[PDB]
> 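As an example, take this structure containing indometacin.
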Amino acid sequence: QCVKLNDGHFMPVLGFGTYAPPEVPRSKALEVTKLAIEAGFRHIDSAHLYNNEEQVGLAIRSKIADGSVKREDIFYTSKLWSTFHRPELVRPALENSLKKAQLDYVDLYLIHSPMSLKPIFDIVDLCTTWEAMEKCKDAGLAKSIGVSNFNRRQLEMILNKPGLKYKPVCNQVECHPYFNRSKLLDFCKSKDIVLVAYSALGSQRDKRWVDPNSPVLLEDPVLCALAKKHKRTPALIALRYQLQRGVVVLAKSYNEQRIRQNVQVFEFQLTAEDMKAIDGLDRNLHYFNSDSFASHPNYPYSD
Ligand SMILES: NC(=O)c1ccc[n+]([C@@H]2O[C@H](COP(=O)([O-])OP(=O)(O)OC[C@H]3O[C@@H](n4cnc5c(N)ncnc54)[C@H](OP(=O)(O)O)[C@@H]3O)[C@@H](O)[C@H]2O)c1
Ligand SMILES: COc1ccc2c(c1)c(CC(=O)O)c(C)n2C(=O)c1ccc(Cl)cc1
């Protein structure tokens, strides 16, 4: 089920992650997004950067056309890529995403990252980008607007903007038991901003971005022991951890069995001692860790 956002709309608390790397054929996103909807997912997370909005959109329209769901039962997110932070570019970028997906609106549009790129880094006052996001909500192109990859200071930037019209409903950020974002979660909760966790199953470990020496979250012994205790799986422990701390959680799978398994997160719960054991895993490990952005001026992890 769902959480009420600070603008009055509702967001399902489990979301289907749609990114797959370039070597995966583009048609696969169609197949797996249809399987997700069948399995029970109602929140679908995409982005311009994912080069899959056409296929993800066709999956959603297909499941509407066969009568499985109504458009209003689906919560679709897209994201403004970082070459489009200049405010005059924000509405056209969102209109392009809508045209690719063949939708009239997105349920949620995010600023994908604070790290602006040449429309090579760019310097852009993200307050101005945010005003343009607000106009997209006023026009009905996005029911809700939010940000992604912002740290506390960068969110405060927006919350403290003179003439602010809409707070971000959410901040979608890397978050899992090795990097659990407790303090940022407490700050988001204090401002009625939902934290949405990505790489909640430990990421896809892409060689472009992730050190292969980094520990593999789903092989963690504490998670494996809890999975045995509950006769579930390490992935389900990881997802359930997030729901119990009030985090909305995404889960990418392009495998039919695991897609179906991930919806079991609703079927069990963890005790306080389990939760404390998980919280014990925090080690400041963001799987994104590359020179390609660690040196950006708005890199979020420099705080
Ligand atoms: N805003 C941003 O900057 C940002 C960044 C990263 C991610 N995202 C969003 O968040 C989504 C999820 O994050 P993510 O892509 O890093 O991957 P993730 O959800 O952490 O998943 C990592 C891997 O877990 C595997 N998996 C899924 N279910 C499993 C299960 N039950 N058992 C064992 N393995 C399981 C999947 O492999 P299989 O496909 O082989 O199952 C997936 O590749 C993305 O697809 C995208 O929508 C956003
Ligand atoms: C661990 O997995 C990650 C981490 C970062 C990612 C992505 C995936 C994707 C892929 C996606 O969005 O699914 C994008 C576009 N990332 C960023 O641009 C990014 C770069 C640096 C920081 Cl600090 C934060 C975000």
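All residue numbers given for chain A refer to the PDB entry; the residues shown span 6-124, 138-321 in order. As the structure lists them, so they are numbered: ligands from 1, and atoms in each ligand from 1. The basis for the numbers below is simple: all heavy atoms, side chains too, and nothing from hydrogens, waters or symmetry mates.
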> Locate indometacin in the structure and include all copies.
ligand 2
> State what indometacin is bound to in this structure, picking the chain with most contacts and naming it per the PDB entry.
Aldo-keto reductase family 1 member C3
> List the closest protein heavy-atom neighbour of atom 3 (C) of indometacin: residue, atom name, distance to the nearest 0.1 Å.
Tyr216 CE1, 4.1 Å
> Please state which protein non-hydrogen atom is closest to atom 18 (O) of indometacin and give its distance, to 0.1 Å?
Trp86 CH2, 4.0 Å
> Which of the numbered atoms in indometacin are below 4.0 angstrom from a heavy atom of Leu54?
15 (C)
> Which heavy atom of the protein is the closest neighbour of atom 7 (C) of indometacin, given with residue, atom name and distance?
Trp227 CZ3, 4.3 Å
> Quick check on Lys270 - does any of its heavy atoms sit under 4.0 Å from an atom of indometacin?
no
> Tell me the source organism the PDB entry gives for chain A.
Homo sapiens
> Is at least one protein non-hydrogen atom found at under 4.0 angstrom from atom 16 (N) of indometacin?
no
> Pairs of nitrogen or oxygen atoms closer than 3.5 Å, one from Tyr305 and one from indometacin: do any exist?
no
> Relative to indometacin, is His117 under 4.0 angstrom through side chain, backbone, both or neither, heavy atoms considered?
side chain
> So which protein heavy atom does atom 4 (C) of indometacin come closest to, and at what separation?
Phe306 CB, 3.4 Å
> Is there a protein heavy atom at a distance of less than 4.0 Å from atom 20 (C) of indometacin?
yes
> For atom 13 (O) of indometacin, find the nearest protein heavy atom and state the residue, atom name and distance (0.1 Å precision).
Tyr55 OH, 3.1 Å
> Please identify which atoms of indometacin are closer than 4.0 Å to at least one heavy atom of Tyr24.
13 (O)
> Among all protein heavy atoms in this structure, tell me which lies nearest to atom 23 (Cl) of indometacin, with the distance rounded to 0.1 Å.
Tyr319 CE1, 3.3 Å
> Need the indometacin atom indices (1-based, order shown) with element for anything under 4.0 Å from a heavy-atom of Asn167.
24 (C), 25 (C)
> With a cut-off of 4.0 Å, which atoms of indometacin are near a heavy atom of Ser217?
1 (C), 2 (O)
> Provide the number and element of each atom of indometacin under 4.0 Å from a heavy atom of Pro318.
23 (Cl)
> Could you tell me which atoms of indometacin, counted from 1 in the order shown, lie closer than 4.0 angstrom to a heavy atom of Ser221?
1 (C)
> Compute the minimum heavy-atom distance from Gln222 to indometacin and say whether it is under 4.0 Å.
no
> Give every pair made of an N or O atom of indometacin and a protein N or O atom lying under 3.5 Å apart, one pair per line with both atom names and the distance to 0.1 Å, or write 'none'.
from        : atom 1 : to     : atom 2 : distance (Å)
indometacin : 2 (O)  : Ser217 : OG     : 3.4
indometacin : 12 (O) : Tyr55  : OH     : 2.7
indometacin : 12 (O) : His117 : NE2    : 3.0
indometacin : 13 (O) : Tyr55  : OH     : 3.1

